[PDB]
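Next structure: contains capsaicin.
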Amino acid sequence: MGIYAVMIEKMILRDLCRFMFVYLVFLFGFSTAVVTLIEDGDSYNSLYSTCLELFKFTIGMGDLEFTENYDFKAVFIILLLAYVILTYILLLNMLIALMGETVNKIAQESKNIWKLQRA
Amino acid sequence: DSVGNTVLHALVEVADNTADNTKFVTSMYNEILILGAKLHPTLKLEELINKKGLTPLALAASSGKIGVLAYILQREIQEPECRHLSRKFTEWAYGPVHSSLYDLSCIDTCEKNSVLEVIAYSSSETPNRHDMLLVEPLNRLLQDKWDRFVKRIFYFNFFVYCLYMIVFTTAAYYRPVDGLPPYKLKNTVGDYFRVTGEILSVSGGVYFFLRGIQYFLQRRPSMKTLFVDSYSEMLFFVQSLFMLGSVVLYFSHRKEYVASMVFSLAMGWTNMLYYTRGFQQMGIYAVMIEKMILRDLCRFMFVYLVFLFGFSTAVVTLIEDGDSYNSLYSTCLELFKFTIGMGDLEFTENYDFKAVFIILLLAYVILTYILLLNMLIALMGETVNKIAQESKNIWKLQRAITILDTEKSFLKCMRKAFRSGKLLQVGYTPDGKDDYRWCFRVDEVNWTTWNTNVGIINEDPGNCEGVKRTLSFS
Amino acid sequence: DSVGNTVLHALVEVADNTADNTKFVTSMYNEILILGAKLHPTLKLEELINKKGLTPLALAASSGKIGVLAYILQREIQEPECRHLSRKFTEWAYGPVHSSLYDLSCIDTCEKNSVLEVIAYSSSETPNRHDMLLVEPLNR
Ligand SMILES: CCCCCCCC/C=C/CCCCCCCC(=O)O[C@@H](COC(=O)CCCCCCCCCCCCCCC)COP(=O)([O-])OCC[N+](C)(C)C
Ligand SMILES: COc1cc(CNC(=O)CCCC/C=C\C(C)C)ccc1O
Ligand code: NA
């Protein structure tokens, strides 16, 4: 288990401050995109509430219809679908990169780190 | 010849980076220079020009002959009377240490066909663009001029581009929601700064356009496969199109300015991802994204769209009106909602024949899970063995383009860009004159070999105020 | 010297964990001790102190010189008259078996600059913090 804790210590210092800066951009981008579009007439017009929805696609709750207060549907969908896609692109490389970069050797290093971290 | 290629221009060309060639060509390339020195000691064979303009080194880097490009740069001719031709000279060598002076004459952005100008801006049809820039001098050459007088200018652009989009976003989120789009400035602190936000956005959006035009149908005139290889500069150009598209509609009294603006925004923040050409460990992660969206999306989506448009169409035919999820669109969308994590399985009871309606959806979910899986498996078994190396190598190139384009933003001055080497003398000509030549320094060490190699340039070791030359066969 | 490093304090420092160095330094590090034994058999060269306080072993572990740190701990000088310097002694050896006595004088938490106090608490700038603790005695 000590091996498994040390991993967590080595993404939260090495492999989060990269990734989140990327994911926040798409989010703050494609969220901002939607907010500009939607016009008040519920009342999911705030940037906050909108940024939160596009976080809910990630975890597994995606409305795709979270407001019909939009003008111009086809814009409103292409973004969300372009957000989901790029997000799936982007959550994937968080997996690929970690493998091809270090899976060859973490079980050795992480074990070695544990013996120090016990020491 | 009819093309103007000499002996040396051919030896470069005939190679194809294999071992036997590379072992071979470098040797014959050695001798003929030694002969051309001994026979006619004025002919600068490495400075003659074929009809296309390219010198041998230029041809080597252009066509992408890595093994030859190694030799031409980090040669070392110990033989006296023909030492002027060498490049990798060794100055002070205090025992295990030895400091070397990789020459720079035709590989810095001062000459016309500098290799580094060729290697980066050339087509992707040239094999081993990347591995050339991993040769010893060129690699360290860049990272230094990154660590001086580029990293500053680069981050400065990163600052400004952020300030662009924060303003652009700010114009948007406070856009007027009223009638038609000329919008007739009303007087208020907000609206004075609102229109300011508009102008700076447009006036900056057009900047990407013009600088984009400068890239496409001007310097680096690219073709269709080259447009997509040069991925970024499209996106910053495509951004300005929507933006310069938006402004048209804003004054054409048509409401659709918002649409064009929004697409422009979304790329624009997504475009800020581009300025991780600094910041190594993230630059590797951007380049991956550039290499599925060109190589591993146009495959996959064509597959996934089929199942979707198939199994969606299947459902639509079945369901009979009697809510009203009968349109193909609304149905195709539901089967997208299984993927992300919202699946009704019951999204209409307007079906006849339940058992059909379920077997499809379950057969869609399954095959989709089959299909999202192989998107993972294939990428591993195809390339996980080596992306961390390649992607890293791509980054060093993709930084190198940024460096060179930045140097050109400095017109010709080069005053802080002649790339240290300060005309260090490294010997004498083969007639008696001095041999001042630009030379990037490199410090090294070898514990097995002890560096008694002939060619020391400086008796007293080191680098300070006061240099003193050696009896290098004066 | 101006820093107080002796011959041995230098041999540690000059290495960089490569093969040729490590093959090299351990050998020269061997001889000079054999000589310093044969010439002046009281000088405890491995117990002298640079101005920063660190003994050679301390410097080795500090700067993170794994190959040197191996040798200094699990040495074995078969040569008589200079056996006192060895650490990896062998007690009872009933044929294939042999029981060894890795010395501990400067690697347990009793002295000031014990390696194990240095290796763990030192900066991450010291390369191979981890691989040092995989040497034979320190691990077990
Ligand atoms: C309004 C203004 C907007 C900002 C505009 C910025 C303007 C100017 C920008 C300024 C930034 C840097 C200033 C220089 C500081 C150091 C100098 C130096 O040594 O050079 C170093 C620069 O330093 C780095 O590389 C630091 C690592 C940055 C990681 C990316 C940003 C974090 C985003 C997190 C967001 C997530 C938030 C939380 C998520 C939940 C380079 O040396 P190195 O050896 O290459 O460093 C290796 C580190 N590396 C591997 C990471 C690359
Ligand atoms: C330029 O820097 C980079 C940018 C990107 C992201 N690519 C994109 O811009 C495409 C995705 C943006 C959304 C598209 C659809 C609109 C119409 C809503 C990847 C690598 C990079 O280096
Ligand atoms: Na899920």
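Naming convention: chains lettered A, B, ... in sequence-line order (proteins, then strands); numbering from 1 in each chain. Counting starts at 1 for both ligands and their atoms, in listed order. Atoms considered below: every heavy atom in the structure, side chains included; atoms not considered: hydrogens, waters and symmetry mates. Readers should note that the entry appears only in part, and the reported contacts come from within that part.
To find every copy of capsaicin, look at ligand 2.
Against capsaicin, the chain with more heavy-atom contacts than any other is given by the PDB entry as Osm-9-like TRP channel 1.
In contact with capsaicin at heavy-atom distances under 4.0 Å, by letter: A, B.
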